[PDB]
Structure formats: structure tokens, C-alpha cells
Trainee: 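Following this message is one structure expressed as C-alpha cells.
A note on names: the letters A, B, ... follow the listed sequences, proteins ahead of strands, and every chain is numbered from 1. Every number for a ligand or one of its atoms is a count from 1 in the order of the listing. Below, each value reflects all heavy atoms present in this structure, side chains not excepted, and no hydrogens, waters or symmetry copies.
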Amino acid sequence: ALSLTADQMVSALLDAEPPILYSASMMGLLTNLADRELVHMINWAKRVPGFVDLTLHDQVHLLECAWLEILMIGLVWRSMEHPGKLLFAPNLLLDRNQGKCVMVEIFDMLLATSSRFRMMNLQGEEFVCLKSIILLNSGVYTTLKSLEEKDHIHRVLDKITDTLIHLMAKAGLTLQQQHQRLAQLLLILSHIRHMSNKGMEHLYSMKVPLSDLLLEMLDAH
Amino acid sequence: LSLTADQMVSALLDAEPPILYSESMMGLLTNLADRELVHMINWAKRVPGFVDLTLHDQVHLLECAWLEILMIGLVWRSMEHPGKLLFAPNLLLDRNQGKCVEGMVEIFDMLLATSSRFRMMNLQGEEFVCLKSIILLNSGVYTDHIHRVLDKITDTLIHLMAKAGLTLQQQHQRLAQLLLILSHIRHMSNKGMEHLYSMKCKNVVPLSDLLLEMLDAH
Amino acid sequence: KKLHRXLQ
Ligand SMILES: C[C@]12CC[C@@H]3c4ccc(O)cc4CC[C@H]3[C@@H]1CC[C@@H]2O
Ligand SMILES: C[C@]12CC[C@@H]3c4ccc(O)cc4CC[C@H]3[C@@H]1CC[C@@H]2O
């Protein structure tokens, strides 16, 4: 399906982008927001090139595995313009000290990641690539028939990688700088995984009431 | 950073920690990991740029990455043993021996799946020591000089693939695939850390003071 | 402090 050009892939992800939603009691605000973002994420994943080519069983597995990572990289992205603060919503800009209300360790890492994106001057075209990478890669390591689909995910991942390199090449970066920047971005995904696992364990230890969908995404971990 | 790509590889290969033997399943694994940590500390000191960092940063990096390093080492040792995890030459565990400990078999499955991934990618020893050094340096950043060393290992990885005969497109594609595995290695570590802390709170096995401190940092 | 001492 993905025999799209590099910029065809970019504009496909850009158009598939979900909107920025508005929003003890702190846990209620964050979990209700995440719940409403989950629905938009599901339909976003469907518009990711090569995702609907997978079986429903495998689409579920990938979403259950990466949902908090996807929420976190989204948060970190829209928080770049607000140093030392996390923009969960336009009407919910939270500072570090407000993390002590529940979690401040999780806030710190999210803030450090948002700062890291600023120092790299992360572009929107690169962001949508990274988020689609997370979706497809986070759960890939978890018969020939089942082999060919893992191979499919691998091919799409290579495609998005080509797209990231294309963006850096277009940006006028030298060949060496492309390799280094690509490496830096993908290494940040490791930290995003780290924050996800920590946030997941936190959400579980907090188990304010949660919705059916959110309980299910949590129960997967 | 004043090292060539070949000097970087050779230094990392030469700094490789020894394969230890095992001396209550959790007891054997705990005892092994504890003795390995000591050899990991000396290994880290031989990683180009690590001793240049402040001692506080050296502590923080090892505290955050110690389980990742043990796991990727384990995964590397088990590459020639499909369906098995070689914790030690005298401790070759099949998948089903993970059932011996509560919530251990799903950790094994991820470790076994990682080994098969390295196997399918035909991971080389030169690439392995690079990946392990990257883990040590990157896994504690988001908690200047570090990033310039990380860019050096990136250049080294590319040099290897270019020397291995991979086209320019295959290089950054394989580079991406290798680094995306570190995300899964990160995932396994966090799950292993939660499991290890679970065993400590249930008094399943006694932990050395070194390991206690490793858990406390998480 | 523990680890702090094997890097002496
Ligand atoms: C999952 C938590 C509540 C929901 C939070 C959220 C909610 C919405 C969102 O877009 C991103 C995040 C990331 C941090 C999450 C929190 C980390 C711990 C807490 O349980
Ligand atoms: C840390 C655990 C015990 C020690 C195990 C070990 C022990 C030695 C080693 O070289 C690698 C690993 C990785 C898996 C580890 C286990 C995962 C969960 C368990 O707590």
C-alpha cells in the first residue's frame, strides 16, 4: 500500500493528525482527557499508511502497547512552546510543582523531553513520523502467515525511516548530520517508552475511577 | 572522540566483560547479576567518554541502565541457542523454566523474542558493543558531552555497515532498526525492574546492598 | 553512596 513518495507519506500523516482537545481531582482531569484522546487516536491509527492492512487483532495489540507513548509524545510536542510547563490542553497548562499534587518524577522526564525537542528544533514533519514509528514498533516484538505480517510492519518502518531521512536531506543537512539526527530522534523514543512504563505503573497504583476503554488499555500492561 | 571508527570498535571489543558462571531460581539469577554488576562497572570505565563525565553522572547512568546492559548481554549470549536463554554456560534455561518464578515467563518471552530479532537481523559483535555503549550513555540523559559521544557511536555504526557492504539506504534503515530495538530493551528492563522489586517486597530472595541501591534509584 | 565507591 505504502508505495507513496516521501512527501506523500508526510502529507498523509499530517492530515491524519488528531485535534488538540480541551479539558484526586488532578487524576480525574488527566484521565478524562486521555480517555477522549484515545478515541481520536484510534481513528488516527487507521489513517496511518499500512496500519489497516494489518488484521484487527494486530491493530489492537499495537494500540494497547503504544497508547501511552503516543499520548506522551503528543503532550511533549505541544509543550515545546512552553518551557518548564506541560500543555495537556490549551486550558490546562501545568507547571512542575503542580506535579507534586499527585507523579512529579514523571513530569520531570516529560519536561526534559520537551526541552530536548526544543534543542533539536524538532519539526512537525519529523514529529508525525516519530509518532507513527512508535505505533508500529512498540508492539512488534510481541507460522509463515504470521511472519509475513511482521515483515510488513518492518517494511513500513523502513519507509517512514526513509521519510525522516528525506526531511533532513531536504533541510540541507549533510549525510553525516542526517545519520546523527536520525539516531538522536530514535534514541528519544527509548525515553518515551521509559516514561510510558513509569506512567502506566503510576496509573495502576492510582487504581479516581476510570472508563471502560482506559481500564482496558491499562489492563493490557 | 579522537578515536577512529576502527579504534572505537576495537576498544569496545577489548573492554567486553567476561562470561560468568552461576553458583532458589531467583537466588541464582540474583547472585549472577550481582557478580556481573562489578564487571559492568569496570567495563563502563573503559567506554570512551564515560570517565570524562562527572562521577555523579557516572552513577546516574549505571543506575538507570544496569538491567538493560545485563539483558542485552544475555540476549547476545543466547543468539546461538534458539528458544533458550544462556544466563551462564552452566545455566542454560529453556523458556518453560521461567514458569518457575511468578511473572517470570513473560520476561523470558521478551528476552527470547529479542534474541530471535538479533538473529534475524544477523547482528554482529561490533554492532553489539556499540549498542551496549549507546544504552549506557543514552538511558539516563532525560533525567552536551554525552550527545557528542553518542553521535560518535552513530558514525561508528554507519562505518561498520558501510564496511560490511550495505548501500547508503540500507545503512540508515538498519541503523533505525537497531536503535528501535533499544526501545524494547528499555521496556524489558522496566518490567524486569518491577518484577525484581516485586520479589524483594514478597521476601522471595535476599538482595545484596548493591542491588538494593540499583532498585532504589528506580 | 554504594556505587559511588566502586568508581572510587
Ligand atoms: C497516565 C497519567 C494520567 C494521564 C496523563 C496524560 C493524559 C493525557 C495526555 O495526552 C498525556 C498524558 C501523559 C501523562 C499521563 C499520566 C502519567 C501518570 C498518570 O497515571
Ligand atoms: C532481574 C531478574 C533477575 C536477574 C535476571 C538476569 C540475571 C543475569 C543476567 O545476566 C541477566 C538477567 C536479565 C533478567 C533478570 C531478571 C528479570 C526479572 C528478575 O527480577
Trainee: Say which drug appears at ligand 1.
Mentor: estradiol
Trainee: What is estradiol (ligand 1) bound to here, taking the chain with most contacts and naming it as the PDB entry does?
Mentor: Estrogen receptor
Trainee: Find the other chains whose heavy atoms come closer than 4.0 Å to estradiol (ligand 1).
Mentor: A
Trainee: What organism does the deposit give as the source of chain A?
Mentor: Homo sapiens
Trainee: Which protein non-hydrogen atom lies closest to atom 19 (C) of estradiol (ligand 1), naming both residue and atom, and how far is it?
Mentor: A/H202 ND1, 3.4 Å
Trainee: Just which atoms of estradiol (ligand 1) are under 4.0 Å from any heavy atom in A/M72?
Mentor: 13 (C)
Trainee: Number the atoms of estradiol (ligand 1) from 1 as they appear, then name those within less than 4.0 Å of a heavy atom of A/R78, with their elements.
Mentor: 10 (O)
Trainee: Counting non-hydrogen protein atoms only, what is the nearest one to atom 12 (C) of estradiol (ligand 1)? Give residue, atom name and distance.
Mentor: A/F88 CE2, 4.0 Å
Trainee: What are the atoms of estradiol (ligand 1), with element, lying closer than 4.0 Å to any heavy atom of A/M27?
Mentor: 20 (O)
Trainee: I'm looking at estradiol (ligand 1) in this structure - which UniProt domain of chain A has most of the contacts?
Mentor: NR LBD
Trainee: For estradiol (ligand 1), which atoms have a heavy atom of A/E37 less than 4.0 angstrom away?
Mentor: 8 (C), 9 (C), 10 (O)
Trainee: To which protein heavy atom is atom 2 (C) of estradiol (ligand 1) closest, and what is the distance rounded to 0.1 Å?
Mentor: A/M103 CE, 4.4 Å
Trainee: Taking only heavy atoms of A/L30, which atoms of estradiol (ligand 1) are found under 4.0 Å from at least one of them?
Mentor: 3 (C), 4 (C), 7 (C)
Trainee: Report the nearest protein non-hydrogen atom to atom 15 (C) of estradiol (ligand 1): residue, atom name, distance rounded to 0.1 Å.
Mentor: A/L68 CD1, 4.4 Å
Trainee: List below, pair by pair, the N or O atoms of estradiol (ligand 1) and of the protein that are less than 3.5 Å apart, including the distance to 0.1 Å; reply 'none' if no pair qualifies.
Mentor:
residue: estradiol (ligand 1); atom: 10 (O); partner: A/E37; partner atom: OE1; Å: 2.6
residue: estradiol (ligand 1); atom: 10 (O); partner: A/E37; partner atom: OE2; Å: 3.3
residue: estradiol (ligand 1); atom: 10 (O); partner: A/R78; partner atom: NH2; Å: 3.3
residue: estradiol (ligand 1); atom: 20 (O); partner: A/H202; partner atom: ND1; Å: 3.2
residue: estradiol (ligand 1); atom: 20 (O); partner: A/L203; partner atom: N; Å: 3.4

